[PDB]
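All remarks here apply to the structure that follows.
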Protein chains: 2
Amino acid sequence: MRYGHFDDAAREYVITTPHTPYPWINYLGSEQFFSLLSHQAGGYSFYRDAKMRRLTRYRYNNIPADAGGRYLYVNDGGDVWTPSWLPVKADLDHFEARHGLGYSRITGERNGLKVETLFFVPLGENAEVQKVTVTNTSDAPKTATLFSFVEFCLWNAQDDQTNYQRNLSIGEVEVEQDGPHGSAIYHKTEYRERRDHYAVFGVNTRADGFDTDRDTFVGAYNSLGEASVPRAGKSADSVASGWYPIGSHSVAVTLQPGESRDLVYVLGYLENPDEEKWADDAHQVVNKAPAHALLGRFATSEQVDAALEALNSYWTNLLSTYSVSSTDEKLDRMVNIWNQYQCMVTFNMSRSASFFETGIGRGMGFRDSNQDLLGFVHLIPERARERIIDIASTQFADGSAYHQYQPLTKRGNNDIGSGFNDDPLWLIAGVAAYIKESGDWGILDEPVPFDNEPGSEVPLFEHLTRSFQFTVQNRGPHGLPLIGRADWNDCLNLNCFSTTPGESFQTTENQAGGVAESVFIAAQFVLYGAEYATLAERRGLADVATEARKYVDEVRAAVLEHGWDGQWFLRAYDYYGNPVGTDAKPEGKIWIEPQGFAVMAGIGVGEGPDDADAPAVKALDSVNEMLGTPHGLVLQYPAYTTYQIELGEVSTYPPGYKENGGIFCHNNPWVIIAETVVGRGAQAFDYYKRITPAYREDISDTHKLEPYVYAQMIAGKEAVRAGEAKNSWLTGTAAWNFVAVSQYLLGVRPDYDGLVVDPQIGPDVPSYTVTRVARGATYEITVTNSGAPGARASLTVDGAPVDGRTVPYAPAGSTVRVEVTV
Amino acid sequence: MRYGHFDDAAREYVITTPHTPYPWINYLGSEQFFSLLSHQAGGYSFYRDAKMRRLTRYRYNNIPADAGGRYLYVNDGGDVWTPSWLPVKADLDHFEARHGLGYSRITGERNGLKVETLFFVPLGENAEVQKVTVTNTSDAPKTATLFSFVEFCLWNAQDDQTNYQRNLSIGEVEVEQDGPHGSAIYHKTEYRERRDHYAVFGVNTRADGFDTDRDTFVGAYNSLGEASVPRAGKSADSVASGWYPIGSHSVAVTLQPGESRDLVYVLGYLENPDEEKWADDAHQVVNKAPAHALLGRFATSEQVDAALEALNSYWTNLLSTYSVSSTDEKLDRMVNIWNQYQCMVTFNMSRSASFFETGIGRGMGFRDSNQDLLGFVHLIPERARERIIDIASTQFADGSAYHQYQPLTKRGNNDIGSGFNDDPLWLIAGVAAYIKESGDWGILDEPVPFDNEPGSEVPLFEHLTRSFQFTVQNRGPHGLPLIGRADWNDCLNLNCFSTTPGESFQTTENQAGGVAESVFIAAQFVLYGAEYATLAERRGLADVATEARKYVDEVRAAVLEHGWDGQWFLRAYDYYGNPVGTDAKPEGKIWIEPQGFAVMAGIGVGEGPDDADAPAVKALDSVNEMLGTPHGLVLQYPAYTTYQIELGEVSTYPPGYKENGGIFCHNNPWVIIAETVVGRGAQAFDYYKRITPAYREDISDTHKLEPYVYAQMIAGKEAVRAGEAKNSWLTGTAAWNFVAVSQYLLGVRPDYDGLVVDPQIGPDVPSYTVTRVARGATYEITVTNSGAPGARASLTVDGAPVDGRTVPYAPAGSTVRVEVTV
Ligand SMILES: OC[C@H]1O[C@@H](O)[C@H](O)[C@@H](O)[C@@H]1O
Ligand SMILES: OC[C@H]1O[C@@H](O)[C@H](O)[C@@H](O)[C@@H]1O
Ligand SMILES: OC[C@H]1CNC[C@@H](O)[C@@H]1O
Ligand SMILES: OC[C@H]1CNC[C@@H](O)[C@@H]1O
């Protein structure tokens, strides 16, 4: 079954019923202000930081899911309905929701009134704009009253949901029925005290009335679907004191058959300078000047359209860097539109706020945001540059880092734990990807503090050496990196041994001592140690480079001497020195992570894809056979059926979910990439398809979640719910699959000195063209692809053959035509 | 005006409508297992700790409030209603809720079927029991199906509300349709790993069907009021796999005219020893032995009835220690039943969990639980004894203390601030009140650790000297004690100067240095220093005691010299040594806390009530004119209207709410007692009435909250919501009004060496009889009361005049008959 369809020329997903398996959201904004907007207008907005400047309230795990958003009640001769369907659930004659790039449109129609709302966040604005179009589609005149409705949150979302003993007495508003462009309500809780910010909610007309108190608008004993005020047909003009502030205006309209009326609502975030906080000497009345300017910038429909068109241009421009034209429309929509758009969202959000992440505990993750860079550097490299500086500034002098930082302050914290030993190497991954993309070697000279200490600055490159050295100087008895709290796998906690319930494995104190080692970090080290060595060489650091290559060689050797189980790579050595991820144990025999990542590091790669003796092939065959499902590859097999105290969080999940046998999609691209490395493009593309939204759309009732974005977790073969996703949108799966398909499958990837063109996608895509802008020049890459196992490309460039697969960067402004034969 | 009525004979509050101004709850349980139960069956249950072992889920700030709890859906002929009204909101022919002592009864009748439910927690049981009686009140046979419903919480309430990215994949149940006594569902999330406990929801019959998955029982897009399963008329027999586990059973019932059937439901908390967790070698099936036993303990109506009777007998016995019979039946019901019942609840909950406190951040407050002891020591001295040891154990070697502790673990934490300089003297308050009550001098020798440290034990008495020495050694330039983070008033943060939004004043870093002093702590030290000296004197420490009365003298003199403003006591000196609470300032001229506390401490007491030169009289008159309202006494006047950086949290509330001009009811009994001390019984009694539930029942539509219990805060005169309460139930107001009324108004108060009988209540209660069991003997105290201003008692005892107002303690088993003339 399906609940909608892609509309490629519009760059939209079209949702054709409110009755989806799960609320399906879009993200509005790409800069500093963000909205979670469901296909039923549910969700909330925040500025910079979902925990600390949340404008509007949303309830996770509500009954039913997603009753809470931007609503417009229509009262037409006493019948009340919402075009978003929820919360009133009155029958609609027509319903449709279109999720586009930075905007969505939701349309509902009932009994001769059609209400279309366009939602979006304009460029350069901290605001969410709604353009509502009301049309009489009947053959007789209509008169209705439209009540807009938003529920404010008291800024600090955690305090909002836990600290009523204080916060029910602090809610404050001002109401401006007769502003310069229409009516406005101001939410200004704590502006009396330390906050220099307030929210506005306004309409571009003089409203008949307003409401700012939730209880008065909705009524005692009532849900949002039964709200009293729209039922009464007029606003109660409530002025909140404490309790639950809201924004609501009423507008009565009269429309002849065929007539429409537009209305423009704005939810704005405003700041004032401290000296300019107040309109009056007594410090009682907020200074509204920037709110009046914001409302003036969206007083008309034309102004809305001009901003929407600018958003469209801005996206056409972002999507002009990498595109593909082939015989597979599903592939193409992923590569051209959806995966790139998701990559922008993960770049902005990290893992903080979705319909599963609550915008509370999670800030910007050190590993998470470093890997997000891999699928972002080609979109806006100047913002990737800034992000690298921000991440590296949260690293400590010893090369270890804060596991994550607060988006508002850019300062690291331990709220989700510390001492994760794979973290430091991700910084080198990010920087290597960025320099390959841009050629901005100068970033290595950027002075960058440790833990934000003014005066602690060292060149960025020097931070990378701290990362590299951290791993060098923390190896265990087999030459493999000490694991610490956990490696990439947050739930592989070998230094934990917790018997205390309800204390987080992520934050709980760890045992000093033991000998726990990670085969994954070892592989990570070989992969990114190699890049580090390259940057040292280019920095003129000959001895540092030689020394670095010797270490990489040691660790690579140790993976082969001590990290091999026979038919696959080992996962780890536990606190006691016993092997993890071996055929000698009944459960957790084979783990996916070191298979993909060791093979990507080139460890155990032999003659070619038919070399059944090469460890890499053996490892990937055991991944196919033991980990493969129709939905993707599960993390380990078998999943743990009992609590294993030496292994930490992992075995606390029921089998088939999350890190215990779930398909953790983020690591699937590693196996995809590995498969292209050994020359099995067909199987790599197969793996790509199994987890990719466009190919899974036709099973929307099994996947449940958004059919146009990747999810973190798809339940595994050992789950009752096998194939059902959780944790859509915010996942490194997006950036990693974009790396996989754009760079390894399709084969077009920047190197330091040229653009590598090395297709390995197999026979299902026999011809295609990639348009890639790199370093100011456009490469038109025409591929004729046999898909024959281990067949690798030859190139001709502008009519002349070249050797190997690297095309040196042509000068800015040129167009290079590459002709590729596989 | 009223929404119910008291039922004194039954010791109940009878709620005669679903449509109250707010949800009105009861607490069930007095030992280790507790339930919050609204008059619509809303709320939840927890074992020992509301944060860490919460069994069932509840949503604060739901729309509407309190849609969630223990529901019984009745399907009669396809018509679906709940006898709690909510969530279905069906018209009922009859509705009633009775909240009793440790139990409640909720009855709803619709279309010939009456369903009554008794909820209670049985003594000795970690369970909530519901005995349902369905009656056919029509003249023709009837049939219906009943669906029970409870929604589980995943134990850690904070994780439950914030950590879906993990916890949507962990929910686990088992279903036992054919158990020994009926059907049961087991909620066993994380029993797989660190938890040795699970929950059971069962019924004493073989249910027709069951549901454990929330989404299937309620249905997509539906609220609890629209739940699909009851409307369909048949259970879906859902077995949860993650998402949201629930307990539901269907039971088909058939009833002749006038016939009823009892059903008994049990929600239980069970643990197994680690070595008996599992029924099976493979560890997949929970050991149900304890749950079967529990369900067999409530298999019949008879067992339920016998346990309700033992609960009644337990309350009669708790309430036999202090009673009054007077001409004022509002006074009587307060003293005899409600104020004591509330005291039990505050003893058990501290300020952790109500319909306002969320059972997350607030554990067992140091200050709060010490003061709760004052109203509790006469109820169950042995439990008070143990609480003193628990509390004192969270004190540090230098006499300061953890500001609160975690109920489950008994360990201090800093989660809501540290370094509150009033905290340490409350330990003296509580121990003195306990020794006066019990004469248990030997508790002073109890060995007690510092900060639960093994081998740090010293006698309890030494803890009290560390408390006492903390103040003597932390005085500022006027000889008044340094305030630290705050004193009693959590929002007076003089070492704060915070300009950063969104960090809690309670918890934010404080400035070192400065000279900030508290007049409140000074009065506290005068009162409780004296008590300490007496304890030292009894132990024969004449050196210690002499030195101690000297310091008390120095502090008393510092209050008169540097803590007096002209017509009232100063509040504080700020960081820079500027006076706080002085007529020279425009706002916050007079603050209540030092007025009542200084006068309670005997400071500025003169010749009698008519001594117009006496500081105590001028302070109390100023309280009356400037702070007095029909609803009680506001905390300070005038309230601050702009943020005062140097005073911290206080000026951040809008005027008239909480610490900024709210009536903070906890500090009113201090003014009450001060007036008695000074000889103005009439005025003291008036203040008592203003804030007292039985006297405010007539304005239920203004108080809004429960009319049978004290609330923390009544909005003061500068608030638009003047008279509206927030934060009911959990307030030190309960202990302090009980002290005021029983010990100072009625006048019967245990001292170290005899029972003081010193009525001071004025002319509105001209005769009464108190029955006071004290040290094993019973005192029948018959008061005849002129109410003449300043007139104090003379006593005759068993026919013979005695000198003074102290009746030396008679031996255990005696009845002493005391005759009182005022
Ligand atoms: O703190 C964040 C982590 O929480 C863990 O419990 C989950 O299993 C991980 O997937 C997640 O990354
Ligand atoms: O930590 C709890 C404290 O929170 C403050 O915000 C409130 O004003 C106090 O009344 C309360 O005792
Ligand atoms: O454990 C695997 C992943 C879980 N989510 C957060 C990621 O950083 C981590 O790699
Ligand atoms: O600030 C006054 C009161 C606030 N609530 C908790 C109490 O500890 C405190 O005295």
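The first sequence line is chain A, the next is chain B, and the lettering continues from there. We're sticking with the PDB entry numbering for chain A, so the shown stretch reads 1-822, in order. Chain B is numbered as in the PDB entry, which gives 1-822 for the residues shown. How was it done? The header gives X-ray crystallography, 2.3 Å. Counting starts at 1 for both ligands and their atoms, following the listed order.
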Name in the PDB entry of chain in most contact with ligand 3: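 Chief contact partner: Cellobiose Phosphorylase.
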Ligand 3: drug name: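 That drug is afegostat.
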Heavy-atom contacts under 4.0 Å with afegostat (ligand 3), by chain: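 Based on heavy atoms, that gives A.
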Protein heavy atom at shortest distance from atom 9 (C) of afegostat (ligand 3):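 Of the protein heavy atoms, A:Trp488 O, 3.2 Å lies nearest.
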Ligand/ion neighbours under 4.0 Å, afegostat (ligand 3):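 Other ligands and ions within range: ligand 1 (beta-D-glucopyranose).
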Under 4.0 Å to a heavy atom of A:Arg362 - the qualifying atoms of afegostat (ligand 3), by number: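 The atoms of afegostat (ligand 3) under 4.0 Å from a heavy atom of A:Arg362 are 6 (C).
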Numbering as shown, the atoms of afegostat (ligand 3) that approach A:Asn489 to under 4.0 Å (heavy-atom distance):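 With A:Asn489 as reference, the close atoms of afegostat (ligand 3) come out as 1 (O).
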Per-atom contacts of afegostat (ligand 3) with A:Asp368, taking only distances under 4.0 Å to non-hydrogen atoms: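 Under 4.0 Å from A:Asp368, afegostat (ligand 3) has these atoms: 6 (C), 7 (C), 8 (O).
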Top protein contact for atom 1 (O) of afegostat (ligand 3), by heavy-atom distance: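 So the nearest neighbour among protein heavy atoms is A:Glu659 OE2, 2.7 Å.
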For atom 6 (C) of afegostat (ligand 3), the protein heavy atom that lies nearest, with its residue and separation: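 Answer, as residue, atom name and distance: A:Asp490 OD2, 3.3 Å.
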Where afegostat (ligand 3) meets A:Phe664 - atom numbers and elements under 4.0 angstrom, heavy-atom basis: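 Checking each atom against A:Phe664, I get 2 (C), 3 (C), 4 (C).
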Within-shell test, A:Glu593 vs afegostat (ligand 3), heavy atom, strictly < 4.0 Å: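 A:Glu593: no contact with afegostat (ligand 3) (<4.0 Å).
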Heavy-atom shell of 4.0 Å around afegostat (ligand 3):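 Within 4.0 Å (heavy atoms), the residues are A:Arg362, A:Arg367, A:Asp368, A:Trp488, A:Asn489, A:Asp490, A:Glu659, A:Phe664, A:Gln712.
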